[PDB]
Every structure is written in C-alpha cells, then in structure tokens.
Colleague: 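Please take a look at this structure featuring triclosan.
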Amino acid sequence: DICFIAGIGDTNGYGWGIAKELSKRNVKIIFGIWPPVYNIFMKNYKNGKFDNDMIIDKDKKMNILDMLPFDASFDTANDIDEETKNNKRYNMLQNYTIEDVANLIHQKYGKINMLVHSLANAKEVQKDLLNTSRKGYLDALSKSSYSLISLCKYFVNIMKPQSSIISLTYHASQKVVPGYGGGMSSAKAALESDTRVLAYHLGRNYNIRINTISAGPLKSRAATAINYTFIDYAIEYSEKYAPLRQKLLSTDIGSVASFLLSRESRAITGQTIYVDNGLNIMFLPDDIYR
Amino acid sequence: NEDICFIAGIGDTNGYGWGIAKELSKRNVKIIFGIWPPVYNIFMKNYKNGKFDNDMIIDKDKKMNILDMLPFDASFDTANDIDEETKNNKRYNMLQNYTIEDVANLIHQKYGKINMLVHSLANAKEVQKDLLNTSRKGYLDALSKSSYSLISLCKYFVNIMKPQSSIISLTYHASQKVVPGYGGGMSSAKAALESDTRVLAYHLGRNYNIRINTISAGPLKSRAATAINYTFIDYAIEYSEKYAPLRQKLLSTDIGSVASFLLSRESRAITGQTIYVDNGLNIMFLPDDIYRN
Amino acid sequence: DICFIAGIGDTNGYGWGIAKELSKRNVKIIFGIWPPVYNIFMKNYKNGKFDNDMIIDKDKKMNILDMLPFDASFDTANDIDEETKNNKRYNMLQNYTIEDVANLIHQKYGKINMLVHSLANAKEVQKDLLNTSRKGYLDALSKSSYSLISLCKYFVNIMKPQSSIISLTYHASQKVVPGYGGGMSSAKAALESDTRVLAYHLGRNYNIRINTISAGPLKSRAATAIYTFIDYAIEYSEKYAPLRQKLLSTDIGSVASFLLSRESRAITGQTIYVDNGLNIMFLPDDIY
Amino acid sequence: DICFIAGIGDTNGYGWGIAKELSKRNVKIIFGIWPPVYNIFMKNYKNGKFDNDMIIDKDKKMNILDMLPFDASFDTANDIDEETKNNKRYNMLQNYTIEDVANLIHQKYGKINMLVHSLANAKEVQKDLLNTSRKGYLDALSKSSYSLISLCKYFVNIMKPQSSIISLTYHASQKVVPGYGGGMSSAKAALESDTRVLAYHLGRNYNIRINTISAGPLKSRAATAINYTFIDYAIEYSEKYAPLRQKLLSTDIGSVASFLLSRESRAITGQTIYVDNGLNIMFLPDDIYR
Ligand SMILES: NC(=O)c1ccc[n+]([C@@H]2O[C@H](COP(=O)([O-])OP(=O)(O)OC[C@H]3O[C@@H](n4cnc5c(N)ncnc54)[C@H](O)[C@@H]3O)[C@@H](O)[C@H]2O)c1
Ligand SMILES: NC(=O)c1ccc[n+]([C@@H]2O[C@H](COP(=O)([O-])OP(=O)(O)OC[C@H]3O[C@@H](n4cnc5c(N)ncnc54)[C@H](O)[C@@H]3O)[C@@H](O)[C@H]2O)c1
Ligand SMILES: NC(=O)c1ccc[n+]([C@@H]2O[C@H](COP(=O)([O-])OP(=O)(O)OC[C@H]3O[C@@H](n4cnc5c(N)ncnc54)[C@H](O)[C@@H]3O)[C@@H](O)[C@H]2O)c1
Ligand SMILES: NC(=O)c1ccc[n+]([C@@H]2O[C@H](COP(=O)([O-])OP(=O)(O)OC[C@H]3O[C@@H](n4cnc5c(N)ncnc54)[C@H](O)[C@@H]3O)[C@@H](O)[C@H]2O)c1
Ligand SMILES: Oc1cc(Cl)ccc1Oc1ccc(Cl)cc1Cl
Ligand SMILES: Oc1cc(Cl)ccc1Oc1ccc(Cl)cc1Cl
Ligand SMILES: Oc1cc(Cl)ccc1Oc1ccc(Cl)cc1Cl
Ligand SMILES: Oc1cc(Cl)ccc1Oc1ccc(Cl)cc1Cl
Ligand SMILES: [Cl-]
Ligand SMILES: [Cl-]
Ligand SMILES: [Cl-]
Ligand SMILES: [Cl-]
C-alpha cells in the first residue's frame, strides 16, 4: 500500500488530513510538493515544526516515505517554460514534472496502489467568472482539471490493477458560490465530469477506480488566499446551517478518501462523494423555521 | 458502549441484508435481524438445521455472529395498526412484538441503546404492473412499505439510539432514470426514499446528531429481484457485468462493505447522501458496442 | 386545442395563471374545481368577481369553456367514502371523480389535447417529515402524486396523439426546505420521478408528452394555508434569485403553455425550473 | 428584436434551425461565420444554394439581416496571432474578434435583444479523454466554453432590456459518451456550470437571462467530422430508445431556443434544458421489456 499525495504545501490543507488518515492504516505515503514551497516545507519538517501535526494518538505518528518536488502544470520536461526555468525556487530542483515524478517513484519504490490529487490553482480567482480573462480561465482548467487527467495518464502505467484514485472538488461546480471566481467553478465542473469519463476508461482498461470528494470549507492556505474573508464566511455558514454542526476537519475528509482508496469501496467508481456535513442538501437557510 | 446494529429486511442469505450483516460482523459489530413474519419460521428452521452455516463463514478463522433474530413487520407502526386478517394469520399469532414500536422497545430492553440501523426492505404488490396501470392501492402500498417504513423506523428508533449513530437504507437507480419493469410504484417509492433521506438527515442531524444515507445498489439475484416481471434481474446483471466501468460480479458484500463504512464513524461528515455502489454503471449514457474492441 | 386544468379554486393560484396564458393562445379551457370550493367559485364567477382577472389585454378576454367539479382523491364513484357522502358540498354535485370527469369531458367536447395537473394536498403539512403519520404521508402521495398517474390513465384514451401533460412541483423534492412537511417533499420527489416513467409509457404507446414545472414561490391560497412560510420563501427568493422581478402566476402559465404546445415537441419527462433561477444558488449572497 | 447567431457554417447545423425558427417569429438575424468557411458560405448564399433551406412554409421564407466573419478564438484584435493574420482566409477580413464584431453590430444596428452561442471546437476530439494532450484540452475549453463567457462580457453593454442568451450543450457532460473525446465532455461540463454562474452575475447586474439547451444528436458537419460512425450510432440509438420515437430536427431545438430567447420564458435562467425526445431520462436499453 503506497499512496502518492500531490498537493501538500503545509499541514493545514486536505492533503495533510488524507496523509494522516492513510498513515493510520499503515499506507506508505509520498508527498508531491509544489516547487515554490518545497524548500520551505523541507526545512520546517527537518526542524520538527510539524512533529505535533504528525501525531495520530499515543503510539502512532505519521511515517512519510518520501517528499518530492512536483508541479502538475508540466507533463514532461519539454513542457517547462522559460519563465519557470528562470525562477530561483525551481532551479535547484529536478524531475518535478508529472512524467518525471512517476518515473522516479516507479524506479525507486516500484508500483503503487493509491493516488491523491489534492491541488488546484487559478491566477484570476479574485475575479468573477464574467470578468475572468481567457488566459486566467485556461490556467484554472490547466492547473485544476487537466492536471488530474495527465496525472492519471502517467500514473496508470505505474499503478497496480485494483488501485484507486481520488481528487477533491467543491460544490461551486454545481450551484453558484459567488466569490469562487477565476474559472475555478468551471474547473471543478470539468473535474467532476472528467472523473466519470476517466472512470470508464480506467475501469475498463486497467480495473483502476477513480472518484472525487466534494469537500466542505477548510481554512487551508489556498482558501485564506481568496481575498472576515470568503473562507471565514463559508466556514461559519456551514457550522450554522449544515445538518451536522460540528467543525469540519481535514481529517474527516481524510477518512473518506482512505475508504475510497481502499478495496472496501471496490464497487464505487466515477462518483462525486460529499464530505461536507450535509450542507449540500439544504435549499433554504433555516432562520425563521420553528 | 459497543456497536450494535439492527438490520430490518433479512429473509434468507441471498440478499443485501445478509451481505451487510456479514460485513458488519467482520468488524465485530453485534447484529440483530428483523425478519418478516411470513418467512420467520422457515428462516429459524434453516438457521438451526445449520443450513446458513456455510453462508456465515467470513474466512478460515472468522464466522458471523448473530445476537438476535426478531419477527419484524414494517407495515405496522404500533399494535393497533395490525389489521383483522394478519391477526387471524397463523404465521403471525405465535410471534409477538413485531410492530415497529414494539421491536424498538424490545431491542432497547434486552440490549439498551444501539448505534446502527439498516433499512434493507421493500414491497409493492403491483410491481409486475407498469406505473401508468398501477392502482391507487398498489401505489400507496409501495410507498407505505418501502418509503414510509424508513421514516417510522427512524421516528421510533431515535430515542433508543446513541448520539453519533448512523442509519442506512437501500435504493435503486430506477428513481432517477427509467427502468421499465420496475413497476408498481417502486420507482416512485425509491424517489421518495432518496428525497426523504435528505429531509430526515436535516431533522436527525440537528436534533440528535444522527446521520442517515442511502446506498443505490446495482443488481443482485435476491429472492425479491427474481419476483420482478429472460427475467428482469437476469438482464440487469448481464447488462451491468457487460457495460459497467468495472466488470467484476457485484457482491452483496460489496454493498455491505460500503454500508459498514457509512454506519461507522469514518463517515461522520457524510449525511443525507445517495451513494452509488453499482460498479459505476450509473455514470454511463449509452451502451458501449460501436466504440469498444 | 382544448385543455383540462385540474386545481383551480380562485384567481390567485398557478392554475388561473396557466388558464390565462393558454387563453392567450386561443386554447379552450375546462376548469376542474374541488367540490368544497365549487359553489363559492361559481357564485363569485357569476357575480363578475373574476372579470378584471379574466382580461388579458384591452382586445382579449379569457374565455372559459366549462367549469366542472373535480376531486382527485377518487378514481371512480365506487371509491367515494362515507365522510364525503355526508358532505352536502358533494351531495349536490355529480361526475367529479377522475373516471367520471374524463367521460363527461369526452361525451361533451370529444377528444382534447392538453392536460394540467395543478394541485396538491396533505393533511399534516404543518408537521415535519419525521413526525408525519403513515396516514398523513400516504394522504400526501395519494392527493399530490398518485392523482397525476390516475389522471394520466383516464385521460389517455380521450386525448389525441401529440398531446401534452403538465404538472407543478417544488424544489423541496431535491433540496431540504424546512416547513414543507407532511410528506409533501416526498410527494414532489415521487411526482418528478413518475413524470419520467410516465413520459416513457405515454411516449411509446400514445405519442404523448409529459413534463413538470418546478415553480418558485407564489402567494396562493394553499401556500398561505401552510414570518410565515410563504412570505419567508418569497422574500428569500426576491433577495437571492438571479432575477429580482416578482414571480407571477402568468410566468408559469407562459412556460406551461409552451410545454403544452407543439413548439416543445422534443421535450418530455423533464422537470423545468420556472423560479427566477433560485434553484442554481448555493450560498446567500450578502457579503459578496 | 435582433439576434446574433454565433456558429453557422452551412444550413445543416442547429444554428440554422435556430435562425429559421426565430425568423418565423420575425426576429432579425445576424450570423457570425467562422472565417475559414466564410467565403464559401457567402458564395453559396449569393448563388442561391441555400434558397430551399430558407423556405419556412407555404408563404414565409427566412430573412437574414447580416452575415459577418467571426472567430471566437480571439477576444480582441491584440489576441490575433501572426500565423492567423497571414492566413489567406483571414487577411482580407476584419472586425472578426469577439469585441470587434460586438462593436460592429452595435454601430451598424444599435443594441440587440438575443444572443445564440452555437459553436464548439476541439482539435483532439478523436482521442479519448485520458489520451488528450494539455493543449488539445485547453483548446476545447477555450473555443467551446470560455468563448461563451467572452461573448457575454463583450455583448452585455450592447443588449436591450429583457435580453436573453442561449448556448448548446450535450449530455456527455453528465454521463459518459465514449467517443466524445478531446475534452469536449469537459468543455460541455464547464459550459453548463458557467451558465449557472453567468446567470447569477448577468441577472443581478444586468437583469439578463442565460440558459443552455442540451440537444439530442443531429447529423451536422461538425458531428460527421467527429468519426458505425459516432453520429450514425448516436442517432440510431436516440431514434430507437427515446420515449418519443421521431426524427430529431434542428428546428426542434430552434423552437425551444426561440422560446428561451423570448419574454415568454423570463422566469427561467441558469438552466440546462433537454431537447432530445426525452432520451436523457432512460437508464438501460428497452429491448427485453417490449
Ligand atoms: N479548503 C477548502 O475549503 C476546500 C474545499 C473544497 C475543495 N478543496 C480542494 O481541495 C484541494 C486542496 O486544497 P486545500 O484547501 O487543501 O489547499 P492547500 O493550500 O492546502 O493545497 C493546495 C496545494 O496545491 C499546490 N499547488 C498549487 N498549484 C500547483 C501546481 N500547479 N502543481 C502542483 N501543486 C500545486 C499548493 O502547493 C498547495 O499545497 C483542492 O483541489 C481544492 O480546490 C478545498
Ligand atoms: N436486489 C437488487 O438488485 C437491489 C438493487 C437495488 C436496491 N435493492 C434494495 O435492497 C433492499 C433489499 O432487497 P434484496 O435485494 O436484499 O431482496 P430480499 O428478498 O433479500 O429482501 C427483501 C426483504 O424485505 C422483507 N420485507 C418485505 N416486506 C416487508 C414488510 N412489510 N415488513 C418487514 N419486512 C418486509 C422480506 O423479509 C425480504 O427478506 C430493498 O430495499 C431493495 O429495494 C436491491
Ligand atoms: N404557490 C406556490 O408557491 C407553489 C410553488 C411551487 C409549486 N406549487 C404547486 O403548484 C400547484 C398549485 O398550487 P397553488 O399554490 O397554485 O395552490 P392553489 O391553492 O391555487 O391550488 C391548489 C388547488 O388544489 C385544489 N385541490 C386540493 N385538493 C384537491 C383534490 N383532492 N382534487 C382536486 N383539487 C384539489 C384546491 O381546490 C385548490 O384550488 C400545486 O401542485 C403546488 O404544489 C405551488
Ligand atoms: N450536432 C449535434 O448532434 C449536437 C448535439 C448536442 C450539442 N451540439 C452543440 O451544438 C452546437 C452547434 O453544433 P452543430 O452540430 O450545429 O455543428 P455545426 O457544424 O453546425 O457548428 C459548428 C460551427 O461553429 C463554427 N466554429 C468552429 N470554431 C469556431 C470558432 N473558432 N469561432 C467561431 N466559429 C467557430 C464552425 O464554422 C461551424 O459552423 C455546438 O456547441 C455543439 O457542441 C450539437
Ligand atoms: O476549491 C476550494 C474551495 C474552497 Cl471553499 C476553499 C479552497 C479551495 O481551494 C482552492 C480554491 C482556489 C484556488 Cl486558486 C486554489 C485552491 Cl486549492
Ligand atoms: O429494489 C430492487 C431493485 C432491483 Cl434491481 C432488484 C430487486 C429490488 O428489490 C425489490 C424490488 C421489488 C420489490 Cl416488490 C421488492 C424488492 Cl426488495
Ligand atoms: O408546493 C407548494 C410550494 C410552495 Cl413554496 C407553496 C405552496 C405549495 O403548494 C402546496 C403546498 C402544500 C399543500 Cl398541502 C398543498 C399545496 Cl397546493
Ligand atoms: O456537441 C456535439 C454533440 C454531438 Cl452528439 C454531435 C456534434 C456536436 O458538436 C461538436 C462536437 C465536437 C466538436 Cl470538435 C465540435 C462540435 Cl460543434
Ligand atoms: Cl464568481
Ligand atoms: Cl414501469
Ligand atoms: Cl419537514
Ligand atoms: Cl472519451
């Protein structure tokens, strides 16, 4: 049981919660870390900054097999642009394209069992969809949607039959969340549809499964960066109006992904699964209702 | 405390209830069967003749463990709802406490409060009839037995369940897309069960911190399935094994594994949901003939 | 073109709005009027109380072909219960069952081509779903959902091919609306599913189309009989729907009239939202 | 009432069917024609090759207000690349960018009432999703999805009160259609999501409505160019298994588009309306049951 988790930058996101929960099941875990934060992550980890965040309970802490620099906007080394080659954080680093990381993992560890796509990006997220530029829009689809397909395409050859693949989405794909701008809504819409199409292909040709988890709000780094703030309203609305009022943890999403990545979920594929305390089911805020 | 599950809708070892039972016991969850009185005795005779002994094996070193088996009719909420004919029925008279209220109270006396509840049952007298030609009594019977029964079970079991408890039912994709042959208001009853799962999840969540979901299952050759009007169930299985993204035979235990996950605390942020456990066949639009190789 | 419109009690509901819009397209309209309110309706009509409400524009007035008593609880006269036999409001009336009304319409005007189901009922609507009784839930399904099926079964043989059928639903079927109790949510969910299954059977065997309009909130008599629920619903919708305009009964009538016509002949089994776009929204807008 | 129809390259598509049904309600019609096929269209039209296809009934025939070159690849003139600029079919054409045509329509005809998006393109449609390149994918999203956004953005300030917008999508967005490759599934998924997001911003800022029609299969030039071929299979299945067994015509979609573009439909926005003889509602083939 080896899982590659792409899209860990710190201990505050969904990627860390998935790591944690899978570690609970003695899955070996490999982090794919975006190069602009790689060296920072590695320093904090080496200086024990996350040690407390690695604790599960009395007698298991997390065990991280490897941490690799990983940029899912580049499929192969030939795709790396000149702007990126001329960026100091990327220059120390090698083998950070989807193809390169897949080759490295395979040669180093052999075939793996699970894959987590826990990343997204969009230059113009601050702009509403109507005022998003073409370049901004396509950047969102490239980083947040296409990335999954290419990840699947390069990883299928290094995954065993009956492996499982997970991505994270948001309900803004399906119902309007003002503030979820820059084509991110569009990108999550595509990702949930592509999950179906990929499940057909991965199912039939590889007996590999793929699903997506539509998560509720978490104050991760990426979330707080959208412009108190958007995420703060989102959390507070969720905790007020969700069927289950308890605070939503990265690790609640971690448990469901760990189930979807295991053979326990073997008759589930191509699905969007809501791990959001049931908020998605509500139509009207509850205020007046006695 | 400790995990105890009531599974309403076990009439033999060939249905989803038994798969859920088997997967729950795998996880050392205590399990009580709710068995429809018309088939209660036949079930109890086979269980003691050892006829389920082989179906009860989990593996070389594990066997299922059944805490209790009770007569249960989800047609009746209380004793006073029991009609004249059923009273005169000899399959029912030597059996007591089989109304929804009664079985809850009985379970709560013998064992105290439970953690888990599975609704694994449906009935519809005119299932063989198309929806357009299904009578009012036919339609209301389907809704009564397959949809309202879940609501009543919830209502009565809510006060004998611990907080953080979980509830599941089973549904079929016929609710959302047209399956001819799924007659007699069964389609309508699953549509309602899926809608009711959401509304119940709101009320159960806010007031008791209890979760409820439904599993939309692919085809299984259960006793009931073979009672639908080749036969319906054989085409469904054959079609699904041919056209689903995943070609494996769908097993009751595949539903049971997912059920046990939804019933456990690993799914604590999931509620009100319809979860597809059907090898991904729901995601397909057209048959795959021209395209495949 | 002749349309039977089941579920008119007054000018303030969706049925009247549909009637108004159909009459705009020269469709002849037959009202199915629930017996409790039949007398009152015919009295008010006779004394000219609906005369302003019948004007479409200054060159066109609604024309109403007939007004027939109608209770969708009863498939045949054999189904009428003792309580109803003790109701004077019914004892003075005839041919109000689904079977009888279809026969009467067919005997009187021949085959028709449009049918509108604009009705619902549930005795325990004030009770949340969890504390709704079996009798109450089944009542909601019987009156609000099964009634569509039976209306279809009885009208199919007095309808021409290329006919069209419409009912009204609410988004409580698909997303939680607290206060929409009694199993009304369950009934709308069943109606939307049955709309698909009926579309298949009616499509292949009769070349007949059937769809459901999911309407936004309107301050009808039945709505008010449920802040109050309906004023909350309306305020929220007007606060948050993509479109600010007040939702009018005739905005539904306009879509119903399109769906009932040949212009929508490639559309069947569909739930069409006519609600100022409210259904698309996730979160309140305020801070944004 | 004036409608601009983006995506008519011949009389065999849904664009033509919409133009026909709108002309039937005396709407004035402007075509946005892709420059690569603009000349041949103008030749064919000028020679009478479309006269029979312009016949509506006994006494009415289509009346076209204008026919303009138009490429939804380019938002403004500054976006046009040098290869395109030198291409023979572009270098005598002008004002064919999204912004330029909007401004041309405006000064030529004043403000308009209706806008139809009836285009799609994807350079790698013959490749299944998993095997689609990043560039192909983004090209599908750029031409088939982002273009709607850009059309909206440049047109809103040239639209009259009570204006309405439609585009055309396909059910492969929601359920798997093998063969609908190249990220077209993805693009249609984006389009349907974006239709909701646009409906919100357009409704609240401009009281403008936008919907999408999910059409059944039509033997158009674009459909034939995909691939039993893909389209012949799709039509055969639709005609055998739809609740309504009848040939699906471009005017069937035209009729719905006309409605949605009109004031009869003013309480409808952000929706995906299925015009497919009810095929979308079916689960499995019908063979056994009958
Ligand atoms: N946080 C929430 O409230 C929430 C809700 C719904 C969905 N999601 C989704 O969960 C996933 C993770 O988000 P999160 O909140 O955990 O954010 P996060 O900041 O913790 O993780 C996002 C990660 O993406 C990485 N990344 C960005 N661009 C990349 C690129 N081009 N190549 C490789 N990596 C890149 C960043 O380094 C970062 O570590 C995303 O898909 C997000 O859209 C989050
Ligand atoms: N078999 C399938 O392919 C399939 C597919 C989708 C959903 N489901 C659902 O799974 C659930 C169980 O079906 P199954 O396939 O295991 O068949 P099954 O024959 O094993 O289960 C049906 C059970 O319902 C019980 N029952 C019927 N009426 C009852 C009543 N009034 N009161 C109490 N019990 C009653 C019977 O004892 C019977 O054992 C049902 O809800 C069904 O709709 C089954
Ligand atoms: N008003 C709204 O906000 C709204 C919103 C969404 C959906 N709807 C739906 O639209 C339809 C019409 O409702 P409305 O709000 O216009 O209310 P309404 O009060 O105008 O119409 C309800 C009618 O149903 C009739 N009725 C009740 N029981 C009947 C029976 N057994 N047989 C025949 N008629 C019977 C009543 O006489 C009444 O005239 C209903 O299905 C309702 O659920 C209404
Ligand atoms: N034909 C079907 O069975 C079907 C089914 C569902 C949806 N649709 C959708 O309907 C719409 C119309 O398709 P159609 O089948 O009528 O095919 P079509 O060949 O008539 O339409 C495509 C048109 O778009 C033009 N075009 C392509 N790229 C362009 C761009 N760069 N800028 C401007 N114009 C461009 C082409 O010249 C062509 O005329 C598309 O969005 C399509 O996806 C079609
Ligand atoms: O998808 C999300 C949804 C929410 Cl409610 C919060 C954070 C999310 O994640 C992102 C949002 C925008 C960008 Cl640009 C990148 C990421 Cl990771
Ligand atoms: O729901 C089901 C779906 C399938 Cl594919 C097969 C069997 C099913 O179960 C039933 C079907 C009809 C009746 Cl009357 C009772 C039951 Cl338990
Ligand atoms: O469905 C409805 C939805 C809304 Cl928002 C308002 C009124 C509605 O109509 C009804 C609601 C309950 C009952 Cl018992 C009967 C009817 Cl006619
Ligand atoms: O969307 C469509 C759906 C179908 Cl069934 C047939 C044709 C369609 O339209 C297209 C499909 C692919 C490309 Cl590249 C361009 C276009 Cl216009
Ligand atoms: Cl936005
Ligand atoms: Cl049926
Ligand atoms: Cl309620
Ligand atoms: Cl594909």
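In what follows, chains carry the letters A, B, and so on, assigned in the order in which the sequence lines appear, proteins first and then strands, with residues in each chain numbered from 1. Start at 1 and go down the list; that is how both ligands and their atoms are numbered. Values below: all heavy atoms of this structure, side chains included; hydrogens, waters and symmetry mates excluded.
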Colleague: What parts of this PDB structure belong to triclosan?
Modeller: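 At ligands 5, 6, 7 and 8.
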Colleague: Report, by its name in the PDB entry, the chain making the most contacts with triclosan (ligand 7).
Modeller: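 Its main partner is Enoyl-acyl carrier reductase.
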Colleague: State which other chains have a non-hydrogen atom nearer than 4.0 Å to triclosan (ligand 7).
Modeller: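 The other chains with a heavy atom that near are C.
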Colleague: Quick one: does atom 5 (Cl) of triclosan (ligand 7) have a protein heavy atom under 4.0 Å from it?
Modeller: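 Yes, there is a protein heavy atom closer to it than 4.0 Å.
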Colleague: Give the source organism of chain C as listed in the PDB entry.
Modeller: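 According to the deposit, it's Plasmodium falciparum.
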Colleague: Identify, by atom number and element, the atoms of triclosan (ligand 7) in contact range of C:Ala222, meaning under 4.0 Å from any of its heavy atoms.
Modeller: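 What qualifies from triclosan (ligand 7) is 16 (C), 17 (Cl).
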Colleague: Short list, please: which atoms of triclosan (ligand 7) are under 4.0 Å from a heavy atom of C:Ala223?
Modeller: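 Matching atoms, with element in brackets: 6 (C), 7 (C).
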Colleague: Just which atoms of triclosan (ligand 7) are under 4.0 Å from any heavy atom in C:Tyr180?
Modeller: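 It comes down to these atoms of triclosan (ligand 7): 1 (O), 2 (C), 3 (C).
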Colleague: Starting from atom 14 (Cl) of triclosan (ligand 7), find the nearest protein heavy-atom neighbour and note its residue, name and distance.
Modeller: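 The closest heavy atom on the protein side is C:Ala122 N, 3.3 Å.
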Colleague: Given C:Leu168, C:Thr169, C:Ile226, identify the one with the heavy atom nearest to atom 11 (C) of triclosan (ligand 7).
Modeller: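 Looking at heavy atoms only, the winner is C:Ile226.
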Colleague: What is the nearest protein non-hydrogen atom to atom 15 (C) of triclosan (ligand 7), stated with its residue, atom name and distance?
Modeller: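 I find the closest protein heavy atom is C:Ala120 O, 3.6 Å.
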Colleague: Quick one: what's in the binding site of triclosan (ligand 7) at 4.0 Å, using heavy-atom distances?
Modeller: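 At that heavy-atom cut-off, the site is C:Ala120, C:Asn121, C:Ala122, C:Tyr170, C:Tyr180, C:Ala222, C:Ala223, C:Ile226, C:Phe229.
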